[PDB]
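Snapshot of ivermectin at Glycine receptor subunit alphaZ1.
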Amino acid sequence: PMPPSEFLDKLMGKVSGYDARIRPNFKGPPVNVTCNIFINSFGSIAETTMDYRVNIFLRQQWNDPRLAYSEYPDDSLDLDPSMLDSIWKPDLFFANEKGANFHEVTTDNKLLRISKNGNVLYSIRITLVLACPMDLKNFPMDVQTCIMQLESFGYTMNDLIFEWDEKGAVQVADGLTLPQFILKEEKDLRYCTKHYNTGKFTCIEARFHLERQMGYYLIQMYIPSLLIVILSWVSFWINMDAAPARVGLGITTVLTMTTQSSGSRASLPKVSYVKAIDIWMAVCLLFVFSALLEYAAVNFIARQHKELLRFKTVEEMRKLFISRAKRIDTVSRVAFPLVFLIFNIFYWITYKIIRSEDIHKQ
Amino acid sequence: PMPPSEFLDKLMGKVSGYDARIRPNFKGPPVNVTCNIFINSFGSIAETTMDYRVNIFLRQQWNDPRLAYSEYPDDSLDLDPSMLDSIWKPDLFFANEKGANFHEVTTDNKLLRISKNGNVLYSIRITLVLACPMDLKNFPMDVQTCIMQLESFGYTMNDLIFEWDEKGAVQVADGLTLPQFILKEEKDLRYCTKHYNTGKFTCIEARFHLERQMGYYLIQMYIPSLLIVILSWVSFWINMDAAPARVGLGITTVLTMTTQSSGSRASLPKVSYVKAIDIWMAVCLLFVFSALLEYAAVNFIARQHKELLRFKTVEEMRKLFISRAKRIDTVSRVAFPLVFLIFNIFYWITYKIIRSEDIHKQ
Amino acid sequence: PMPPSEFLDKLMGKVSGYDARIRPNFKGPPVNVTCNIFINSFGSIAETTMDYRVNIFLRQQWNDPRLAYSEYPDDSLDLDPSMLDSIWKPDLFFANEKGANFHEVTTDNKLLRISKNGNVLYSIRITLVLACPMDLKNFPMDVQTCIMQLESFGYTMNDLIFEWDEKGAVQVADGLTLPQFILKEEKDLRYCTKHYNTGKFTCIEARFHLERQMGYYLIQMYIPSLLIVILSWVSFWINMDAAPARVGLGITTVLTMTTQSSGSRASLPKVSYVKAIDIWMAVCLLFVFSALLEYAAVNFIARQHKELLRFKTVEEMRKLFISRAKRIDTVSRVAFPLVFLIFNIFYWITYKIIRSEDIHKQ
Amino acid sequence: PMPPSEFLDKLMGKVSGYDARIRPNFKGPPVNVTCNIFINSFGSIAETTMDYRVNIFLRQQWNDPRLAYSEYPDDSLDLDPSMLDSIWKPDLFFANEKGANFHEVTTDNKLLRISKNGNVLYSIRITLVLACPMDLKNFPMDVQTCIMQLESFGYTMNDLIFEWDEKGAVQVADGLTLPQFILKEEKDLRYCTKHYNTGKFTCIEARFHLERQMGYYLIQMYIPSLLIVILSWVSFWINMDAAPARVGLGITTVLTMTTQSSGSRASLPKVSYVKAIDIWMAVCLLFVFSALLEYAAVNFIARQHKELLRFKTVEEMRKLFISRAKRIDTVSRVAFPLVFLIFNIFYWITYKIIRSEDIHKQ
Amino acid sequence: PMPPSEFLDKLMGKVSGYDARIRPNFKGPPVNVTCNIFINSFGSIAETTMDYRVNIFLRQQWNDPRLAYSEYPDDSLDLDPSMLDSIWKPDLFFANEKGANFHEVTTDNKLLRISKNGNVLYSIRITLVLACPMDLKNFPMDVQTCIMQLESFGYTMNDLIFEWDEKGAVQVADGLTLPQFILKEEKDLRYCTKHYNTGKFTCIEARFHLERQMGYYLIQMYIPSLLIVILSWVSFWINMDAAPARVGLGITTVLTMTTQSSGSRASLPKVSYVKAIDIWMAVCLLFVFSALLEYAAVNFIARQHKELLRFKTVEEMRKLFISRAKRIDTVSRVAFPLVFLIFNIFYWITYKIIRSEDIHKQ
Ligand SMILES: CC[C@H](C)[C@H]1O[C@]2(CC[C@@H]1C)C[C@@H]1C[C@@H](C/C=C(\C)[C@@H](O[C@H]3C[C@H](OC)[C@@H](O[C@H]4C[C@H](OC)[C@@H](O)[C@H](C)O4)[C@H](C)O3)[C@@H](C)/C=C\C=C3\CO[C@@H]4[C@H](O)C(C)=C[C@@H](C(=O)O1)[C@]34O)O2
Ligand SMILES: CC[C@H](C)[C@H]1O[C@]2(CC[C@@H]1C)C[C@@H]1C[C@@H](C/C=C(\C)[C@@H](O[C@H]3C[C@H](OC)[C@@H](O[C@H]4C[C@H](OC)[C@@H](O)[C@H](C)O4)[C@H](C)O3)[C@@H](C)/C=C\C=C3\CO[C@@H]4[C@H](O)C(C)=C[C@@H](C(=O)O1)[C@]34O)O2
Ligand SMILES: CC[C@H](C)[C@H]1O[C@]2(CC[C@@H]1C)C[C@@H]1C[C@@H](C/C=C(\C)[C@@H](O[C@H]3C[C@H](OC)[C@@H](O[C@H]4C[C@H](OC)[C@@H](O)[C@H](C)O4)[C@H](C)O3)[C@@H](C)/C=C\C=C3\CO[C@@H]4[C@H](O)C(C)=C[C@@H](C(=O)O1)[C@]34O)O2
């Protein structure tokens, strides 16, 4: 029978001794805050500035003794979010972030629900440009581990304690997909406490293990390099007397291998360690460069042939240099793709075992 | 005869028991909100970040019993938008969005119209960077379906219910055109209700079917690839003894095919499935590569010819290798464009039937 | 003798019955608002997102009967812009716009001047990213018509009427120049009234006719294409037996024509109609491709010559094929630039007459 | 002995008749405002959108008679910047600007100092994206004159007059350097008064003469063009019978000259007048194109030689065509670099005299 | 026993004489402020606009006598950051900065802790786009010294004095790494006082010495240039009669050296001094150009050979020109890589000693 306006100005009134600046149960045990997040959107992962953009529904549960009411019989009592000025919302800030803008569209995207015993549910929707450091030791295949840290500002560990939720940890939205990565099902909850000269502060963090998909990099980078190496193999069947043809074919394959290697590393930060694509493009470039060196040795042997022919064992030395120049081409035509196939299976199995070692060590 | 200032401070006065924080007909049936949007601008569709930018006139109709007035005889009573602080505007937020900024130019772009029985018309102009996931299984021709979701924050399904309008659904502005797409005439209205641990929330969505126009991609991508394949066909008429000419022509056609294929995929996200342009550029690249292989086989047969000529059935084996080297060119000159025409009609009709299957399944 | 503070709190005081929420002469004829704009900056015209950025001094003149004062003898009475909260500024918003931010530097850039009879002068400085659709049927030469629409939000045609000024229409700043376009001297004032389900709203618009300057596109695009076609003509004087030279020259001219055509269309939206540069680059590419086809026919005739010479009317058939192979080069050397000159004068005069037809039809 | 709180609420109190909306010495002579700016940062000069970014310390000095105090004996009395709401700051706005955001970091970056007789010192730190039109008649060497205009909004010339400072004009920070330009020591102070239909408004402007440094453009653009022309000269020493070598060398030098000319104009607005780099790249391209034409004439004369040799004064006509084909190469080998050196010294001295004429006319 | 609300409204109440506009110990000695910063994130260093982005925890310690309390026995008394409106926070602003936005996510990221004797701890989290000028005299290896200046606005040296902290200077976060640079362990604390016409202002600065990592530039820039020079060395073994082969190989190596040199300088400001990569690419380009000149001299000597052979000491002059043309190739094949190795060791040791001289002079 009681009207709701006096009831919802009674608990936050200045005739009441609420004092929203003062934390609950002052001069006592620390407040325990339970947090669960809901990943609404995850994406826009950029490697060159090492950050990613999430959309989260940050839900914070804490108990306030002064907010308890015994008049109304309903337990939930969902409230309007405009009177969220004097409730004592806890301070929370993300340790590694940029941006972090609120959503003010059509209303402030906020949820306030005060239970009968004093439990408060506080939900806010925020997009954060979270910055995570990434390791690029293996660029085509890798398991990145993005770190999201939630800690407090201005309340030490003896006054405010942040804890993860027990029923579930992180709720991902159904149907959420990433175009370049695959989000793993398990998520780590390791809370570490940062120490500062001012004091220690409560901090909880969650880790997402991101598997990079290998379907795009196989089409864009691995197959055109094989096309270039196969073309340099095609140069072996051409006639050895046709010098501009073989020289031009080999030179253009080396040039396009260099430009392809320079263009695949363009969308990457300037890291100072050797990656896997470096190894792949280096061995492919070495293969086309060795093909050009093989033709240069063949044409040098033919040069020695032509100088000793035109100005005495001349016939059998002509035979020896033509037979040797034919033997080099005949053994190269078999030896080049076989050693390339050996390198391919060795590289692929060692990266398969180091990828499985990364997924086993985690 | 009554002056308007007391009348428009009477209904929102604190001597009145309006209480704009409290929802209308509290502790009763849920409020029913009818929404229709007016697409003022639609465009700026970017594939690489998978989002689009709309300009909408969001109109929300709901009934308030406390707002009803019986003194004035006029039914419409358009009001000034500055007193839109205490009216109980409903909470609405878009589920998949970025940005969503209001228009504050020369006034707040808002409309408030309170009917005599209590019906409230609330119109706001907002630009939203709506994020939609897109499928790129067929890149030149495709029918994208952009999804716009409108749901509530902080009021469950038992308290707030969102419904679409019956007289029309989505009003598009007259004369509105898209440079890259064609907006279909019908629009789906399927409302789905999202479930969360806190509770269930009302949500309505509208789907726009966007037909990608095929006029630009025919000029930019399909015809230069045909030019490259026709040039590789031109290489068959050149003399077989002119080895640097045919080798250089074929090598530059393969190189420019590779760079054209790498440059057409630049304005696209790094997806991990095979698209239609992948198939097209792959078959065209295979055609120019097979032309280079055909010349390599011709010059290998001529090599065998020259070695057996210069160091016995020599005349008729010279005839056999010259006749075979002529026969390969003569059959290739006919066989290459005919099999290319066969591939063209097969690819085009299978993509026509899969495009019509996409437009029939919807 | 009267001090100014009471006089300027008398007309906007709450002891006065001003009521700035209520429009002037309520329940009567509509308010007539006269608007003239002053183009302070115009520029930053981008084709790929189809919008332009103006800086305008929006001046709005309307009459308020309650604001009239008879105490002071001065007629102008320029006022301070801080008390522009309760004056009843009219609602105005641009129909096709993005951005539209106010200038808050060192003060709010505003002007308020209330005349003695009640005339109010309201000037504000705003930069608007106005979005205009453009037609690219002729890309090098074209006359774009940018549309600026000013309409009201929340006041129908019976309550608010917008009208253009009679003394002048749009004042452009002296010395204002555009690097890529030429602003015409006349400007259209056609007011059209938009109709919506809620009601009809007053709207006035102004059109600027922008002539695209042809000096840059002649240097960047038209002359290098002529350089490529002249180089392909140079290929006719080279010896026909030198096959790698003529083949390589023609192939590199075709390749660079393709890359030049692909690079000139890069700073343009993905439109689906044929433009004028498409026609120009297509005919130039056809010319260099026909030159390569002419050399392929010459070397095919020489191939027939060489096969019938080396394995009977042999001398006179050698004469016939050498004379025909010389005659093809001799007639091509004259016929190629003459038909190119004919195409040039036809293309140029038809685009001159369609440009003058566009400027005559307007 | 007087406490400071009553003294600093006495002069701005509503029990005082200060009335900060009303300008000082109302209904009298115009207020005289003295302005000096301090260039803290100058840079980020972009040619393609024709604007530059400054950081200025805007100091405004004006006298207020009502602010005068005779109680305290100190003359300076530096005040706190939070009570800068009611002081009657003068209206000032920059005529050609974008952005112009204030600095709100750790405090509002403001200075307020009220002298004993009524002199007010008002300093604010602002970064402005000032837009200046630039002339690109000579692109490598040029003296740009950036214009910064400071005028008033809403107060005419009879009420507000802006004047420059007498002790110094513009203070540049010590150690301030520009990477691409050199700031001259003198600065022009020409005040021009803008006239509008509403009235005339006071305006003062300052001009900075910016000398473009020529060290970068000599390395990036002038020397690689000389490398290309020297390579085309190297083509003269190669054997005339080696036709693919000389043809390929000349064709690749023409192609790379075209791409170098197209790439140096990329970071520039689309202006419609001929610049100096246009002239330089045009003459260098003409030189490499004439070298290709010279080889085409040599090989045409050799063609006439070969046709009259193989199907009578044959020996002496063979002599005449070989001697003439040798004489063309021998005279070209001397004549090409000498005429290039003549063009170089003529171009360089005429641009030196037109640069000195620009610096003498100013 | 005293409740906290009256105690925390007593010290900031208007019944108290706090007067937060007035600085502490007015008309006396200057306030001494001790500042220590905590580098939370450091990165996003861009060379082309010469600025870097930090995340700092700015801690300011100063003593206020009026804030002292003797009632409560606790010494720390951490307070809520909402009542940081009237505390007299000191004015602080960074001298060389852009941006500098506060963090408003979930709360204002602020810390307020008032000690018992009057010591105030004020911590704020800010991201600043700090602009630092950089010297690019040696581009691959260099030690940049970023300067962060903290000074006051509106309080002179006699009223406000800024001092660095004694216990530590700058705290870097543990685990913080930079992808392109290495942050040195020591940091300079040199405070310089800026002088202005208005007065002198306190300023303290901190310098970070940044070592540029050399691992990326060795892979991206130094090794492909060696590949190009090694390929030009490979051109010496090819047959001298094969003129199109050697000419084409040398010409394409010169062309790709030019494009590689133009592409490595793309991500750099337009500086006007010679860098180290300029010297490296210039010597490598000189090496490939000299190889092309060596082949041109060889083919000129062979031209003289062919003209004196075909139209008398003819046999021994044929011997002299063939022996000399062989001797040039034989001495070049040894002399080119040896002088390249000499240049490599000289360049590397002189840059090692100038890098160590830069790290010794600091
Ligand atoms: C025919 C292909 C072979 C390879 C020929 O190619 C070349 C020379 C000769 C070869 C045999 C190549 C090609 C053009 C042709 C010349 C043909 C014409 C001048 C035009 O084409 C026709 C055909 C076209 O329908 C395939 C048809 O479009 C319709 C489609 C739509 O209605 C269904 C509608 O929207 C509208 C009505 O228009 C239209 C009648 O125009 C010319 C306009 C084609 C565009 C040229 C393009 C310009 O930039 C492109 C690209 O940057 C590349 C690098 C160079 C050009 C090129 O590639 O040049 C290019 O692609 O010469
Ligand atoms: C003539 C064409 C053939 C192909 C010739 O081309 C080449 C060499 C010889 C060939 C026979 C090619 C060309 C230049 C010429 C040399 C000609 C001159 C030096 C200049 O040209 C004249 C002609 C021009 O009117 C067509 C005329 O403009 C007027 C137009 C307007 O009044 C109506 C007005 O705005 C103003 C008065 O100026 C003007 C008198 O200047 C030279 C300045 C031309 C520009 C050169 C350009 C620089 O970058 C361009 C591009 O990056 C490309 C890659 C290289 C250059 C080129 O392409 O070089 C380039 O295009 O040599
Ligand atoms: C040796 C030079 C000649 C020219 C050879 O070049 C080519 C083939 C054969 C020529 C004789 C060229 C070159 C690679 C070699 C093959 C050599 C190996 C595969 C690798 O190299 C070694 C040498 C390198 O120390 C110079 C050394 O790095 C250390 C430095 C640091 O410790 C001090 C530390 O960070 C870490 C330990 O790693 C390391 C052992 O790896 C290969 C990984 C080199 C990188 C290849 C690059 C990939 O993209 C680049 C570029 O896009 C270009 C276009 C193609 C590649 C290339 O240029 O290919 C490229 O540059 O083949």
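Proteins come first, then strands; the chains are lettered A, B, ... in the order of their sequence lines, and each starts at number 1. Order of listing sets the numbers, starting from 1, for every ligand and every atom in it.
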Which ligand or chain identifiers match ivermectin, all copies included? ligands 1, 2 and 3
Could you give me the letters of the other chains with a heavy atom under 4.0 Å from ivermectin (ligand 1)? Thanks! B, C
State which organism the entry records for chain C. Danio rerio
Which of the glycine-binding residues recorded by UniProt for chain C place a non-hydrogen atom closer than 4.0 Å to ivermectin (ligand 1)? none
Just tell me the transmembrane segments of chain C with a heavy atom under 4.0 Å from ivermectin (ligand 1), numbered from the N terminus like UniProt. 2, 3
Which residues from other chains neighbour ivermectin (ligand 1) at a non-hydrogen distance under 4.0 Å? B/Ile219, B/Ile223, B/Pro224, B/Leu227, B/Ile230, C/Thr258, C/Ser261, C/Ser262, C/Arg265, C/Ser272, C/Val274, C/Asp278, C/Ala282, C/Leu285
